Amino acid sequence: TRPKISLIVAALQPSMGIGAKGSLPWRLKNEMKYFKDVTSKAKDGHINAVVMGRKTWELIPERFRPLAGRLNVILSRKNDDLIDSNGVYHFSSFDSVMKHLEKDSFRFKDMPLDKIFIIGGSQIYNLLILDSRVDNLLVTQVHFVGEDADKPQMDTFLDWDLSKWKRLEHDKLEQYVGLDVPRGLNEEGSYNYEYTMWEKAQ
Ligand SMILES: NC(=O)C1=CN([C@@H]2O[C@H](COP(=O)(O)OP(=O)(O)OC[C@H]3O[C@@H](n4cnc5c(N)ncnc54)[C@H](OP(=O)(O)O)[C@@H]3O)[C@@H](O)[C@H]2O)C=CC1
Ligand SMILES: CCc1nc(N)nc(N)c1-c1ccc(Cl)cc1
């Protein structure tokens with residue numbers, strides 16, 4: 001873990017639902033902007049990585065791919081740890097891409113890496129949130145404020161142990177992501193949402 005490793009996720013409260021019928025139930029435009037900005041913000045000439053499971057890669061519309069200005073890592077158990085002509089890292093485990101990045105001195109095409117973001121897959125989230133190299137969680141806490149009868153029926157969840165983590169102050173979130181970040185509850189449609197940061201509670 002030379003660069004710091006964040007698990008970045010938007011989770012419905014209180015049970016941390018992250019998906020429904022194979023996709024994301026809410027469209028929150030500013031949450032999107034936050035995701036883009038945080039995962040993209042690096043020192044001049046540096047870059048961040050975004051690590052995702054194959055199904056999340058397939059959910060991303062093709063006009064976004066690879067996610068611009070970031071090192072794309074796709075995890076598939078059939079991958080052969082190859083980098084393609086677009087620069088995308090097709091690796092078979094998080095452990096194997098961490099070893100490869102390390103022997104590269106945590107550089108991508110001569111660009112130092114600043115942060116490594118785990119952006120996706122329930123499967124990937126729930127494996128890696130148990131990897132001790134994960135240094136923090138960037139959790140957008142999403143709240144449904146519409147009518148009970150129209151609440152999303154979440155079917156996939158972040159199985160995270162609250163007790164193993166400690167929420168940090170908003171100032172610490174902003175210091176880490178390198179950006180001013182809206183504080184408190186953001187509103188869009190039937191949803192309220194708040195940006196939060198958590199570190200290990202050892
Ligand atoms: N709310 C949020 O912030 C986010 C929500 N989501 C939601 O998550 C859901 C999709 O997540 P999920 O369906 O779990 O798909 P994932 O994106 O986690 O990718 C799953 C794939 O990852 C690969 N994989 C699984 N375990 C391993 C392993 N141990 N080593 C290497 N590769 C592995 C497999 O590909 P193979 O079979 O080829 O090995 C598997 O099919 C959707 O509902 C989406 O909306 C997604 C991202 C963020
Ligand atoms: C912008 C939504 C979003 N917000 C946050 N805070 N984290 C994420 N990991 C994502 C995300 C969701 C679905 C996909 Cl397919 C990719 C990324």
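The first residue in the sequence is number 1, and the count goes up from there. Both counts, for ligands and for their atoms, begin at 1 and track the order of listing. Heavy atoms only: backbone and side chains are in, while hydrogens, waters and symmetry mates are out.
This structure shows the drug at ligand 2 to be pyrimethamine. Going by the PDB entry, the chain with the most contacts to pyrimethamine here is Dihydrofolate reductase. Residue-to-ligand polar distances place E31 within reach of pyrimethamine: an N/O pair is separated by less than 3.5 Å.
Taking distance alone, with nitrogen or oxygen atoms compared against 3.5 Å, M32 stays at or beyond that limit from pyrimethamine.
Atoms of pyrimethamine lying under 4.0 Å from at least one heavy atom of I119, given by number and element, are 9 (N), 17 (C). Using a 4.0 Å cut-off to heavy atoms of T140, the atoms of pyrimethamine that qualify are 6 (N). Within the 4.0 Å heavy-atom cutoff, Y125 counts among the residues contacting pyrimethamine. Nearest protein heavy-atom neighbour of atom 13 (C) of pyrimethamine: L24 CD2, 4.7 Å. Scanning all protein heavy atoms for the shortest distance to atom 14 (C) of pyrimethamine gives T56 CG2, 4.1 Å. Of all the heavy atoms of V9, the ones lying under 4.0 Å from any atom of pyrimethamine belong exclusively to the backbone. Counting only heavy atoms of the protein, atom 10 (C) of pyrimethamine lies nearest to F35 CD1, 3.8 Å.
Any N or O atom pair closer than 3.5 Å counts here, and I8 shares at least one such pair with pyrimethamine. The binding site of pyrimethamine, defined by non-hydrogen atoms within 4.0 Å, is formed by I8, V9, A10, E31, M32, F35, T56, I119, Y125, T140.
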